[PDB]
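The next PDB entry has TAK-715 among its components.
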Amino acid sequence: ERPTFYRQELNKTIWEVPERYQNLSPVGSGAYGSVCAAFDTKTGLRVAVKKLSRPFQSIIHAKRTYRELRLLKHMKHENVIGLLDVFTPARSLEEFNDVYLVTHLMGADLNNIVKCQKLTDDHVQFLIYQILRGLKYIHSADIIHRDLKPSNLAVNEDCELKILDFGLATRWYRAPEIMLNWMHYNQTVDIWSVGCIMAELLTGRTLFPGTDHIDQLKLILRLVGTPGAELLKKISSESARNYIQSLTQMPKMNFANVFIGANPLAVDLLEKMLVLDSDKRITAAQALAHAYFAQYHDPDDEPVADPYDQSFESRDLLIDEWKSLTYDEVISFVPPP
Ligand SMILES: CCc1nc(-c2cccc(C)c2)c(-c2ccnc(NC(=O)c3ccccc3)c2)s1
Ligand SMILES: CCCCCCCCO[C@@H]1O[C@H](CO)[C@@H](O)[C@H](O)[C@H]1O
């Protein structure tokens, strides 16, 4: 049957949750809603419960709620945030107004683990491996993260890592094409980010700590060189081309000297991730097979996602339609094993 709910005032609204979730304590809040830590008596897990704010206030809010719930329900992988539970106190669609999402309580992100220090090479292999493993899965669903950074990487005390699309400096890890509003993005935009994160774990220093947009791009070109002919022939914007040919030629730096001291296999991998031309960057699948990850790579335990129907993105529906579709997704949810 339906669980027994209780009501408690938290973050200035009445939260109504199943009695399995105990000891709600706010962690934080913002425009999106707010989040309480709780204990799930049923599973023995520490969890985070998020009450969405204004989920159906407008067409756009409603479609965003639907998008969020669909994504969360589809993501079932150890290195990606997933859903333990979703609930509403409403007993019918007619009563449906509030959506609550439940996931594992997370207490630290990659910045907290790193502390601007060098990590050991073995530690970097393990962390980067997990990121790539999660990215293979995400990319296999025809999804691109687009803003992968340390603040979106949760890590527990066993340094098990999960990719998030939220947080628990902002542009230092972005692909250069993303910062130049290129569109037509490749999934390897995320691989650029992995390269920036990996470099920083090894060296203890941000790779491209630009002061602003143009400075970021200047630091990038100084390392990887100015665009070569092969890259230039794929640029359709006549302003971008003539600006690019007008810059002084700079060669690609010698990565072996830049990251001197590093495992030469790490250097090799960085050379394959941090390529300006997104078409020539290594994929997540290819990177998992790279010799750097030999102690962790298991081709039979690097799973891919089921096909992910994102056709709803192209649709323009009424608020009550998005609301109804969301309600269907709440009611049909089956918790993980
Ligand atoms: C958009 C903003 C956020 N959303 C969630 C969240 C919560 C439940 C379900 C889902 C899908 C996301 C967040 C979440 C999820 C899990 N753990 C946390 N934990 C924390 O924020 C945290 C931070 C410091 C100390 C202790 C705890 C937050 S943060
Ligand atoms: C002056 C700085 C130049 C930055 C060049 C970035 C090149 C990124 O690479 C480009 O990505 C596009 C997808 O986004 C693809 O369509 C192109 O084929 C690919 O070359």
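FYI, the numbering just counts along the sequence from 1. Quick check of the header: X-ray crystallography, 1.9 Å. Counting starts at 1 for both ligands and their atoms, following the listed order. When reading the values below, keep in mind they use all heavy atoms of this one structure, side chains included, and skip hydrogens, waters and symmetry mates.
Within this structure, TAK-715 can be identified as ligand 1.
Here, the main chain in contact with TAK-715 is recorded in the PDB entry as mitogen-activated protein kinase 14. Every atom of TAK-715 with a heavy atom of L101 under 4.0 Å away is listed here by number and element: 8 (C), 9 (C).
Per UniProt, most contacting residues of chain A around TAK-715 lie in the domain Protein kinase.
Residues of chain A that UniProt annotates as binding ATP and that have a non-hydrogen atom under 4.0 Å from TAK-715: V27, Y32, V35, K50.
Of the heavy atoms in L83, none comes closer than 4.0 Å to TAK-715. Of all protein heavy atoms, the one lying nearest to atom 13 (C) of TAK-715 is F166 CE1, 3.4 Å.
Shown in contact with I81 at under 4.0 Å from a heavy atom are these atoms of TAK-715, numbered in order with element: 11 (C).
Residue contact annotation: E68 has no non-hydrogen atom under 4.0 Å from TAK-715.
Source organism of chain A, per the entry: Homo sapiens. Heavy-atom separations between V47 and TAK-715 are all 4.0 Å or longer. Rounded to 1 Å, the minimal heavy-atom contact between TAK-715 and the UniProt active-site residues of chain A is with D165, 6 Å.
Below 3.5 Å of separation, one finds an N or O of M106 facing an N or O of TAK-715. Contacts of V27 with TAK-715, taken as heavy-atom pairs under 4.0 Å, involve the side chain alone. With respect to covalent bonding, the partner of TAK-715 is none, since no such bond is modeled.
Taking every heavy atom under 4.0 Å from TAK-715, one finds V27, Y32, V35, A48, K50, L72, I81, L101, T103, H104, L105, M106, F166, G167, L168.
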What short N/O contacts, under 3.5 Å, does TAK-715 make with the protein, listed by atom pair and distance?
{"from": "TAK-715", "atom 1": "4 (N)", "to": "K50", "atom 2": "NZ", "distance (Å)": "3.2"}
{"from": "TAK-715", "atom 1": "17 (N)", "to": "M106", "atom 2": "N", "distance (Å)": "3.0"}
{"from": "TAK-715", "atom 1": "19 (N)", "to": "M106", "atom 2": "O", "distance (Å)": "2.7"}
{"from": "TAK-715", "atom 1": "21 (O)", "to": "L168", "atom 2": "O", "distance (Å)": "3.3"}

